[PDB]
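Just so we're on the same page: letters track the sequence lines, and every chain starts at 1. Atoms within each ligand, like the ligands themselves, are counted from 1 in listed order.
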Amino acid sequence: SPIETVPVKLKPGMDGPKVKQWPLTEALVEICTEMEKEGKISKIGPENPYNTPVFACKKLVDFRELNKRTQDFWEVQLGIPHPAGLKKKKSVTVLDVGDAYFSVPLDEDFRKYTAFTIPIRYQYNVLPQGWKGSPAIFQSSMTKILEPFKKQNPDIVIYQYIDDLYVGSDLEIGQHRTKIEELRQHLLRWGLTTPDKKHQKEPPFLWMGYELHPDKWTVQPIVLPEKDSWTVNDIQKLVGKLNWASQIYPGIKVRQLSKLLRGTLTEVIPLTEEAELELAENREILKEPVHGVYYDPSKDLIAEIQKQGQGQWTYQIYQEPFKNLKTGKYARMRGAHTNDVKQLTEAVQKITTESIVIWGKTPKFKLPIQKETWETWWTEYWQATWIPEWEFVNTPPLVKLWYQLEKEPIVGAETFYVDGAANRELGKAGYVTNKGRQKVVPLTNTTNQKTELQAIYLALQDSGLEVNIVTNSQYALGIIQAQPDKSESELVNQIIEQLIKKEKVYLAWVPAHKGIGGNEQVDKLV
Amino acid sequence: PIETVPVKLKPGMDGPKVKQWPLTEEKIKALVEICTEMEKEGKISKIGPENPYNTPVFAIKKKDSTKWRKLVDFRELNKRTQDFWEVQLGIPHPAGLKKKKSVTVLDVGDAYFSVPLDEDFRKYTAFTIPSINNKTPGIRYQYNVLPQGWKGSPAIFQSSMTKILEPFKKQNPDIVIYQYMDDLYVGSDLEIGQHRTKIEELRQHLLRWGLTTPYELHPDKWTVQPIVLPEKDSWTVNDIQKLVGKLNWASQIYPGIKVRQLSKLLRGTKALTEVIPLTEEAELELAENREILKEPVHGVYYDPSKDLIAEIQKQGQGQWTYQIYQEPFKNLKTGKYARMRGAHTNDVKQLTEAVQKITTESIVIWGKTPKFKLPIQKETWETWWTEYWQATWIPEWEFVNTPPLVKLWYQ
DNA sequence: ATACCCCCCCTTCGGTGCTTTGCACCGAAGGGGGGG
Ligand SMILES: Cn1c(Cn2ccc(C(F)(F)F)c(Oc3cc(Cl)cc(C#N)c3)c2=O)n[nH]c1=O
């Protein structure tokens with residue numbers, strides 16, 4: 001009852017909605033008349049130009065233009081809670097309020113902006129549905145009701161999502177019942193009609209996809225859809241379901257499933273043997289359900305990372321050995337050319353930022369990589385990168401550096417020169433080594449950089465174990481110097497394989513189309 | 001009591017709407033006990049859902065501070081209110097401050113909290129505290145008084161600041177004074193025992209009239225590092241090719257740098273590792289090249305109209321550089337920030353302290369912070385930079401993904 | 001039933017900026033899970 005309202009306005013420029021209403025419909029009259037008694041929806045005179053659309057179901061009142069015209073509201077919520085971040089609590093209770101919306105008044109000035117004309121005109125004394133800031137308004141009011149109790153005693157832990165009021169304590173059962181009854185009365189004092197205490201839930205619960213037990217937690221059981229023929233839409237649904245399941249079940253691979261999606265809702269496509277085999281494997285993994293555990297601040301987080309191949313990693317955050325708190329996978333590939341170390345540092349950054357978001361602290365990593373390897377990589381890479389803290393763990397596959405491009409010239413190795421060109425307004429490659437070895441060749445759909453990479457590939461092709469190269473373009477230097485492993489361009493993959501086969505390679509750069517050193521001949525033929 | 005100066009934005013564009021990044025549990029735990037105290041003393045007040053504006057917040061630990069502090073990222077507010085300070089009031093930049101023997105920096109922002117702020121503008125400076133595992137929404141607070149770290153606050157407070165410091169300027173005309181954000185720079189040509197004496201005297205003077213403030217750097221002792229070419233007796237084809245390429249790169253910076261005899265010297269497809277004779281003509285060319293490189297770039301000039309852009313290149317072994325300029329290929333300043341002390345402990349911390357040094361030097365010399373082009377990935381920088389931050393100012397940075405493989409400021 | 005918002009996950013566009021003409025890159029959208 002004593003709930004002070006919140007000012008409401010709109011974006012400047014023009015008043016509220018102006019679309020004609022509709023009295024007649026599928027009766028629907030006595031429903032709203034009842035709220036006139038206690039004033040939830042009151043009667044207003046015929047002087048309201050702010051006409052609103054009308055809707056009733058079995059009242060999701062339409063505001064398709066009002067939401068477009070309402071002033072911007074800041075996001076009250078910033079995500080969804082996760083079970084792993086909940087501390088061990090003995091007693092727990094749920095008190096989901098009744099509809100959460102018909103006990104909170106609406107601002108006095110704003111009532112004129114909305115109307116409900118069913119011959120006559122009714123004003124809303126209460127928050128409607130399909131409203132821009134209704135979750136925010138209720139959430140702020142709901143905190144304004146809660147905070148005296150939390151200030152009175154902070155032992156009781158209270159979570160709150162949308163319209164729900166999760167209470168937890170480490171007290172006995174009867175004391176918890178007394179405290180929750182006191183909370184019920186305190187909430188009622190501000191005019192909330194919560195469901196009866198007999199209707200409160202007792203564990204195991206069912207939350208937003210998660211079933212919670214006195215000492216464990218997991219997701220609600222799911223099944224994998226099966227059909228002889230798959231359209232794209234069902235493939236996307238399966239990918240989403242697998243990604244959702246990947247939060248607690250260790251070792252879930254959804255990538256080479258997802259490559260099938262690269263060929264595209266209702267459209268139907270054939271399948272692949274890899275897809276069927278790995279779907280069967282995933283079904284075998286999901287056959288037996290596993291359990292998580294709950295946070296314990298008297299200990300520390302120790303995450304581990306493993307590599308599954310072709311740019312995919314899995315992590316398993318826990319506190320007690322072989323008792324997972326959470327599990328996940330990282331597979332996204334941004335950019336074009338990365339090795340495994342760059343993706344590993346992206347993975348550790350994502351794991352630590354997620355751990356900060358969830359548990360508010362970072363885990364002491366366990367990485368499958370040698371100390372000296374990371375030391376060399378961070379002392380040699382021109383960018384600045386960091387890893388929080390990590391201990392070596394022996395688990396194959398072991399991420400490491402594949403090939404080392406030499407920083408010094410070497411004797412006993414032939415010095416190749418490379419060059420190519422194309423048409424600015426369909427290119428060619430041609431170069432002269434220190435002895436006249438030329439392998440000029442055209443190619444289609446190429447440009448300067450493509451033919452430079454082609455010339456590098458040719459030089460690697462017609463060289464020995466040790467060879468030095470001089471290039472007229474920095475693009476190839478930028479590509480190869482990063483020690484890349486996988487690439488969109490197959491030529492780059494071939495070049496990487498060639499450098500892996502060889503032992504020692506050294507490079508250099510010269511200005512292009514300048515006739516300096518060996519640039520005269522290599523820029524003459526092509 | 002004390003009146004307030006109304007603050008108005010530039011019509012046509014919106015206010016700050018930056019999402020607040022997550023924070024460590026200890027940062028939240030300290031910010032709660034700091035913002036509750038700030039609200040008790042009427043400095044800040046809560047607000048409801050109707051406020052569509054939000055700015056971040058994070059609790060740093062000041063240099064050799066047993067307590068914590070607080071910073072609110074007011075970058076967007078300054079981005080929208082630059083014209084307020086560019087028109088309303090502008091303190092002249094002392095040309096002699098660059099040439100002073102030594103200066104001291106004091107945190108004088110406390111008095112910024114004793115001046116009420118405008119009513120209309122008071123809405124815009126709203127900041128959200130995060131929550132652990134997002135169990136409860138952000139407790140969105142509002143600055144009732146002038147905020148620490150906001151660019152326009154010194155513009156309002158400089159009248160009373162001048163009124164306070166006029167006696168000190170009168171009795172001590174030698175001292176030079178420069179205020180930037182919440183920090184004050186006092187410049188003297190005194191010795192350590194006298195510079196410290198005058199700084200403690202100024203602190204006591206501020207104490208005598210109800211202003212409390214809780215290191216030493218030398219503007220004159222900063223020297224630009226000119227690029228030089230390597231010199232030795234036995235040169236190879238690879239080394240001379242590298243020298244010719246570097247002469248090319250540097251011809252962009254220096255108009256008079258030329259390479260034609262060395263380019264004509266290399267005509268055959270020779271091995272890199274062989275030893276090649278170097279003619280006396282190339283000796284004279286190299287001598288002239290080094291003479292050009294030693295001299296500072298001719299025609300270097302500064303324009304306050306444009307913004308300052310600072311690139312940083314990591315040369316390894318605990319060494320970084322920093323190049324500050326406005327117009328491409330004509331650097332206004334270059335430097336070399338080296339330390340092996342923190343190399344074994346951290347790598348991003350080096351970049352943070354380098355950025356702090358660059359912005360402090362730019363504020364001492366030219367008076368405006370540089371726009372940084374950091375050599376780091378966006379998310380790894382945004383995750384950890386606050387853990388190694390101690391300066392109440394926040395510079396603007398943008399990560400150039402392009403690889404600057406040249407690195408000819410230092411081979 | 002057909003409209004309404006939050007984190008996560010992917011794939012596929014557009015635009016940026018030369019690294020200037022392909023290319024590497026990143027942000028915004030379009031579906032998926034969870035639902036509210
Ligand atoms: C089952 N259970 C537990 C686990 N547990 C521990 C603390 C709390 C807290 F007090 F924080 F709300 C719980 O309340 C919640 C929180 C959330 Cl996100 C969803 C749901 C649902 N549906 C219930 C809680 O479920 N501990 N002991 C026991 O029996």
S.K.: What's the drug at ligand 1?
M.R.: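 At ligand 1, it's doravirine.
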S.K.: What would the PDB entry call the macromolecule that lies against doravirine (ligand 1) with the most contacts here?
M.R.: Reverse transcriptase/ribonuclease H
S.K.: Which other chains have a heavy atom under 4.0 Å from doravirine (ligand 1)?
M.R.: A
